[PDB]
Amino acid sequence: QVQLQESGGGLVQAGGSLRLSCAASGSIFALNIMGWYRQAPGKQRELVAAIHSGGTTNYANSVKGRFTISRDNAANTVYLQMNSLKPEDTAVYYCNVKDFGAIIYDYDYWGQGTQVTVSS
Amino acid sequence: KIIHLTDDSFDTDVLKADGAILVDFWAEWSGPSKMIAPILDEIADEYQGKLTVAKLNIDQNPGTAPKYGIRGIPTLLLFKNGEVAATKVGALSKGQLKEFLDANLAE
Amino acid sequence: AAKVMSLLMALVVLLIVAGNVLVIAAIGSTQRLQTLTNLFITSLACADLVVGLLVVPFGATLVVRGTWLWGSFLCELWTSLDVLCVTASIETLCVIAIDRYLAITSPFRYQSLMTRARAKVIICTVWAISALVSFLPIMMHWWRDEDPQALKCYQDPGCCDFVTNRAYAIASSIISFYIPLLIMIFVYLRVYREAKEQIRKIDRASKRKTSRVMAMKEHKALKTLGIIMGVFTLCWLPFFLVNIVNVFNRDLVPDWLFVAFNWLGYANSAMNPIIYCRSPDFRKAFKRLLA
Ligand SMILES: CCCCCCCCCC(=O)N(CCO)C[C@@H](O)[C@@H](O)[C@@H](O)[C@@H](O)CO
Ligand SMILES: CCCCCCCCCC(=O)N(CCO)C[C@@H](O)[C@@H](O)[C@@H](O)[C@@H](O)CO
Ligand SMILES: O=C(NCCNC[C@H](O)COc1ccc(O)cc1)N1CCOCC1
Ligand code: NA
């Protein structure tokens, strides 16, 4: 079975930085997208950042220039280096893996989530 | 179980005859015509009720073969109610002949 | 044999109509399934559905009755409809290949580039090309051979054999089958290459610690890629190979085989629902649609 293990979140001061990290264990197809989504309280889940296996990336506008997504060249692990945090960034952050192994459709894996609270 | 046909008996034995008749046009001189002889014997017993095997020597009875346009031998003409339903030409094994009959008989 | 041959044709119609109706129902009824890829699947399902409803049934009769019973105008129209839907089916498989290739290998470039309105134009193009390869030449007699034996079947309303000149059978076969086949080969080979190269980078990254092997996901992806190209090629290649052979030395392949190869291609329209609608969301939809 595939499992996503999230770490690196918690409490932090405004202007500070966190480094999220999601280690995917199990069989994942070499072509995939690892990403981070987030759900602020009483809002809808939005994309934060995503990185394709090839190397290309995609960021939401709210976090452009501040956050940076990268991934481990060896294993299936994806990092989100969050700098210059604001109180608006406070949310439950979810790891996500879109697997392309069936070719015609994509299969999704979601992590349980990890809290990130940014105080003023 | 095999009927051994003449020129004269051909009308009564094949054209007027009930059910399916498998006619073999053979000659004593042809080697290919002999290769199927022991195979046709087994077909006569194995397809009792479904078919009637018949044999006509072309040396003995040269009148019948021109009427149906026989070029080579052996030629197997399957007859159904006085009409030729299908044709097979040249020699065969037991399995090749069975597929020809099985397909042609079960309509 | 001929009793079993007619019973076989019956389920071919049933499998096509059942299958393709079920897909179109699932996409139209489920908001979740109305994705961009499934827009192309809808085009495919429509083409295969028209093959099941109108094309294959009239063809079945022609094999059983041994003759065309609906006259020369409807022979032409049925043939035009046949060519159109086979062309739209195969050209849509080629578009799906390209769509998936871009969605897998360049997912971010694909999202901005491939809009819904750009997809609608691609779909409309496929059907327009299909119409111009089929109705335009067949109804206006451009497809006609000059040979006297061909001219006997064109005058006889009981005869509805598929006989063409050289140019049409070459140009029609290339546009409807061979160009789509090559694109599909090229495109899906680049999916295999991109995957193979990606494993090579992962091996390089490890600093000589591990060598990756084909996991459960990679064997399934390669098996899936085999079904796609294998079934498509098995079902239509024999027919389209023989269709060009007939243009040159027509006596070489028998008529009964060329007909049988055409039935194999009709069977493709039953296979496409099974190959391209295996997603979790499709499976949920199918269960909901069958109570
Ligand atoms: C990439 C998209 C371009 C599609 C156009 C290229 C392929 C089809 C063009 C074509 O028609 N032919 C090339 C295909 O072989 C040749 C036939 O037209 C030819 O056989 C006949 O015109 C002659 O027999 C008449 O003397
Ligand atoms: C929206 C995109 C519109 C593109 C529409 C053009 C379609 C391609 C051109 C074409 O239709 N053919 C190739 C042109 O040769 C096939 C046949 O029309 C033609 O080959 C036959 O009519 C002759 O072979 C008969 O002697
Ligand atoms: O003769 C036909 N059918 C005529 C029409 N069949 C045509 C094929 O499906 C599709 O070919 C083409 C499609 C697109 C092309 O650009 C060229 C050929 N039958 C044989 C008897 O049993 C029924 C079917
Ligand atoms: Na005709």
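Chain IDs: alphabetical, in sequence-line order. The numbers used for chain A are those of the PDB entry, and the residues that appear cover 1-120, in sequence. So for chain B, numbering is the PDB entry's, and the shown residues are 3-109, in order. Chain C is numbered as in the PDB entry; the shown residues are, in order, 40-243, 272-358. For ligands, and for the atoms within them, numbers begin at 1 and follow the listed sequence. Excluded from the calculations below are hydrogen atoms, water molecules and symmetry mates; all remaining heavy atoms, backbone and side chain alike, are included. How was it done? The header gives X-ray crystallography, 2.5 Å.
Per the PDB entry, the macromolecule making the most contacts with ligand 3 here is Beta-1 adrenergic receptor.
The drug placed at ligand 3 in this model is xamoterol. Other chains with a heavy atom closer than 4.0 Å to xamoterol (ligand 3): C. The UniProt transmembrane segments of chain C, numbered from the N terminus, that have a heavy atom under 4.0 Å from xamoterol (ligand 3) are 2, 3, 4, 5, 6, 7. Residue contact check: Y333(C) has heavy atoms under 4.0 Å from atoms 3 (N), 6 (N), 9 (O), 24 (C) of xamoterol (ligand 3). In this structure, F216(C) has no heavy atom closer than 4.0 Å to xamoterol (ligand 3).
Counted by heavy atoms under 4.0 Å from xamoterol (ligand 3), the UniProt cyanopindolol-binding residues of chain C that qualify: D121(C), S211(C), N329(C). Neither the backbone nor the side chain of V95(C) comes within contact range of xamoterol (ligand 3); no heavy atom lies under 4.0 Å. Which parts of xamoterol (ligand 3) touch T126(C) is read off a 4.0 Å heavy-atom cut-off, strictly below it: atoms 14 (C), 16 (O). Contacts with xamoterol (ligand 3) closer than 4.0 Å are made by side-chain heavy atoms of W117(C) only, the backbone lying farther away. The deposited model shows no covalent link between xamoterol (ligand 3) and any chain. By chain and number, the binding site of xamoterol (ligand 3) (heavy atoms under 4.0 Å) reads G98(C), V102(C), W117(C), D121(C), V122(C), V125(C), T126(C), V172(C), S211(C), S215(C), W303(C), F306(C), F307(C), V326(C), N329(C), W330(C), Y333(C).
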